[PDB]
> 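Quick one: this structure, given as structure tokens, is what I'll be asking you about.
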Amino acid sequence: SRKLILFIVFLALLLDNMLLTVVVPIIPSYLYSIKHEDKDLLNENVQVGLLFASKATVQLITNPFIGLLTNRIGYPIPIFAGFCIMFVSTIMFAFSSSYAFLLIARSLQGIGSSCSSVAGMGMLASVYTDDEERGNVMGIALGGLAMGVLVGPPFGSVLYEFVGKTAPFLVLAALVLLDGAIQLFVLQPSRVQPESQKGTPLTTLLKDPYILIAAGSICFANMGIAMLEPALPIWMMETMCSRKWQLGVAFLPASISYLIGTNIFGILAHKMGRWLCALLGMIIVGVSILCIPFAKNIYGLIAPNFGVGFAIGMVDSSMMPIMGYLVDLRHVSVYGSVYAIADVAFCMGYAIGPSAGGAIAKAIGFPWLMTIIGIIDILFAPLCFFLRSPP
Ligand SMILES: COC(=O)[C@H]1[C@H]2C[C@@H]3c4[nH]c5cc(OC)ccc5c4CCN3C[C@H]2C[C@@H](OC(=O)c2cc(OC)c(OC)c(OC)c2)[C@@H]1OC
């Protein structure tokens, strides 16, 4: 039943990102409508920034605890717990309306995300035996992480606009319940205990300056989109008075470009130079983030989002193998390590992006927020030169 576990983990990760991102086009607009119907927007910026960063904050906080828990008790129980609490979070998103319950839903979704991510990928890694097959199947589930983040925004936005706020979350609860049911019913026979081969702890592993540089580059490149995601709908609603179904169609190009850039540069990086590809990715994401605020129409927004997605797809494809090579070279390696580092990096971005950027959006505004983050990416691009390994 190796394939079935792969399907379960793929669906878990896809639903996780879909729930993570469907919040982007409907909930900031929901709070805007519920409070206005501007100092109102000034307070709402920081409120929604904290609401969006709570998921990553709680996930980063609870990741080591859940890792210890799955080491002690096994993989399947954390996976099922993650499915159950993700379904709870989806339902509470669907029905609750006040900001406190939305915050609780976001925190519960973060805990469930940590559960599903770490327990699933670990169990998926342990079930398979062939190294090539392991790499291929992890490439499938990690690709699902991206397919979910792609399909989520437009679907959530359009259904919210047409039917209502309760329907997309109801559908998400339906899929999450189906995945939990299939895992519980047709994947009974045995429990998988994680491997006894433990790599370097994340403390010293992140203490490495080179791994720190790569993780910081990933963190900033994704913090770009992490600051885009909770403030771009508000910027559109206060600038172009766009319909509520376009708030997902505008984020569609970023994810499509991420897919395209990943597929292209996962083959082009080892020939164009991984460090050079990462540096160009940082530069391009900086330029695109600068170009985003100067758009008057969504037609003028499809291009900068395309550049943003293309750059991240390039940075990720140029750093994941770089992270693996650095870990294998300067430390002892277990297949989880790389992912773990990336996870922390991602968390950091989404723990500092919306929480702080929104405050900036309240103090200096949105265009300036984007100018600062783009300049940060541009000036961090030269730091990728310290990835000049001889091969
Ligand atoms: C919280 O996370 C995410 O939201 C996912 C995305 C992060 C970011 C993003 N967000 C958006 C949100 C939008 O609307 C709001 C619109 C566009 C985007 C884009 C384009 C840029 N990018 C796309 C998504 C990337 C996903 O992560 C991986 O794909 C991945 C792949 C791996 O191997 C192939 C890994 O192993 C090393 C790995 O380790 C952790 C992670 C990441 O999941 C962690």
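All chain A residue numbers match the PDB entry; in order, they span 18-54, 121-474. Whatever order the structure lists them in is the order used to number ligands and atoms, beginning at 1. The analysis underlying the following values was restricted to heavy atoms, covering all of them including side chains, and did not include hydrogens, waters or symmetry mates. Going by what the header records, the deposited coordinates were determined by electron microscopy, 3.5 Å.
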> Select the option from cadazolid, volasertib, reserpine, merestinib that matches the molecule at ligand 1.
reserpine
> Looking at this structure, what macromolecule is in contact with reserpine the most, according to the PDB entry?
Synaptic vesicular amine transporter
> What is the source organism the PDB records for chain A?
Homo sapiens
> Any transmembrane segments of chain A with a heavy atom under 4.0 Å from reserpine? Use UniProt's count from the N terminus.
1, 5, 7, 8, 10, 11
